Amino acid sequence: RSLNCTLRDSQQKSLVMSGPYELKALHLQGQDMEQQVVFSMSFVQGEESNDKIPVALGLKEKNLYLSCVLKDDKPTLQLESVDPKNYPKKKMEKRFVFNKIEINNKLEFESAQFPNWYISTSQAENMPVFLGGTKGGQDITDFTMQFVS
Amino acid sequence: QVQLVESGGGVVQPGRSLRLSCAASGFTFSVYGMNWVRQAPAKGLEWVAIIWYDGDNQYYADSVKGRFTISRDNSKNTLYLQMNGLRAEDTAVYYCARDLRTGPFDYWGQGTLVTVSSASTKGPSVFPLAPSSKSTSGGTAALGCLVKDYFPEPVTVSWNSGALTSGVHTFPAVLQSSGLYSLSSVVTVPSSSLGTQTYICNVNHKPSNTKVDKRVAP
Amino acid sequence: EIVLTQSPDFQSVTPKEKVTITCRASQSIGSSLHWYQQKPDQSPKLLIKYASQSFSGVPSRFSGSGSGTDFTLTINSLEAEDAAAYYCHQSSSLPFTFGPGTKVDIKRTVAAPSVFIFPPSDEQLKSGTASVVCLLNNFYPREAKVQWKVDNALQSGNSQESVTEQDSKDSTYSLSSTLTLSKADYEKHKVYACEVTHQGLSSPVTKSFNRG
């Protein structure tokens, strides 16, 4: 099972492609909202609970999936090139698995490979989307989902 | 709304350089990715380069990588293409194109021609193709203009300052051995009009400052 | 890079009928396959985005289908204005690539060309050159052969021809052929003819003139 969506942070910044494997978060006005990245959210096998739901986040219009890997021995968010013929899988590789958390009517995406690290945005305009360890501080970890047809 | 206007096209010797620019309007330039797409005369389309909205990242085709540089100025709504180490194979119409979500090229410019050769700029000789008994079928007479030995492309041909369009056929230019081009523009008109209505082929070749208004008399 | 194979390279179709053009990717591209139309003397234009979505302003007769490696562009109820070039482009991964293109010919009733011959102008002869022009006006189909005959001798390596793209209104083609000789060689011969062979003509037509 899969669904197409757009994700916006709690400060209402939209997510856009910034490079071949880079995403940035910025406020987009009116007609420019068509620029927001379309995500392919797949429900994968893993640790299930009332608080956490395992998901895989693909770029839908790209052969890319959000991945968590060690870069300079620090958990880092990346966009990994994949073969669309083989993806989405029911049993997805750990690095691609995210725990979808429902907070106060908002969504959180925790890394399964690196627990307590979340998909994050800066408070600042036009900064890269990254994996952040802090929850309830500098980094924004809360998101709103908008379904696309 | 959306407008993309290219400039900087022209003649450049092989091995030399040329800088193209594209003026954009009617959209938030700073939030859209911009591209260069090229098309060699009588050939298909080939994606050249991309620059993302903020100008931080760029990507190039294998055929131009290391020779061409794509850049943008969001304060001036302009996209640039710096072309170095140019070879004969680079001869093409270069289109400015906006992308949607780094996907389809939703809006395109008019394109700018880049001619990569050692040939010298030369104005055309405009010869009349006079209507006669050998170029008349019933009540319709065919006449024209031969736009011979010019360089580079393009030439604009209109009939009677653009007032005559029906039956007009302007032929795609043929490249000769010499490196010079040649074309023909014809028009089929009623025979009764001959002698009363003046038939002028307006030939304009901007690179050589040539502007010929040739009278095609029968 | 992802290789895009476009089939066919050329297709002649009856008006009001359906045209189907395929695009094949060397690797799976999901739904990131876009379609473009390029009419003669015009810049390309987006028709279909993301395999099946019609772009703003595109008529309902243009439809797209496909996923993974195989993609199709369908043109229902074919009109004369659809005589153009069509291109597929993938955006799934970098570098972005295009298919080689498909040219669409509209199949109208057979039309013979009206053949016209033009001797070299007095102005050109004054400069020391002589160009003889043979015009083939408004014919269908595109298949036409022009041969230059000078005093019953078949000419070679001294002529160039140019053909227009299919007319968006009358679905015909026009052809121009130019025979070039020096002023000296031109003055040595008398009979200048262009022989035209086309389906519309009951017998191969010859349009000629005598130099004098």
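Alphabetical chain letters, starting from A, follow the order of the sequence lines given. Note that chain A carries the PDB entry numbering, so the residues on display, from first to last, are 4-152. Numbering, chain B: per the PDB entry, residues 1-218 in sequence. Just so it is clear, chain C uses the PDB entry numbers, and the residues here are 1-212, in order. For this deposited structure, the header notes the method as X-ray crystallography, 2.0 Å.
The drug located at chains B and C is named canakinumab.
This structure shows the largest set of contacts to canakinumab (chains B and C) coming from the chain UniProt labels Interleukin-1 beta.
Listed options B/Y59, B/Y53, B/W52 were ranked by heavy-atom pairs under 4.5 angstrom with chain A; first place goes to B/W52. Among B/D99, B/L100, B/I51, the residue making the largest number of heavy-atom pairs under 4.5 Å with chain A is B/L100. The source organism recorded in the entry for chain A is Homo sapiens.
Of all the chains in canakinumab (chains B and C), the maximum number of non-hydrogen atom pairs under 4.5 Å with chain A belongs to chain B.
When heavy atoms are compared at a cutoff of 4.5 Å, B/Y32 approaches chain A by way of both its backbone and its side chain. The greatest number of non-hydrogen atom pairs below 4.5 Å with chain B (canakinumab), out of A/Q32, A/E25, A/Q34, A/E37, is found for A/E37. For canakinumab (chains B and C) on chain A with a heavy-atom cut-off of 4.5 Å, the epitope is A/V19, A/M20, A/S21, A/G22, A/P23, A/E25, A/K27, A/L29, A/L31, A/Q34, A/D35, A/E37, A/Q38, A/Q39, A/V41, A/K63, A/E64, A/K65, A/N66, A/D86, A/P87, A/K88, A/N129. On the antibody side, residues of canakinumab (chains B and C) within 4.5 Å of chain A (heavy atoms) are B/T28, B/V31, B/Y32, B/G33, B/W52, B/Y53, B/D54, B/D56, B/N57, B/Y59, B/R98, B/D99, B/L100, B/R101, B/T102, C/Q27, C/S28, C/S31, C/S32, C/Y50, C/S91, C/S92, C/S93, C/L94, C/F96.
As listed in the entry, the molecule name for chain B is heavy chain of antibody binding fragment of canakinumab.
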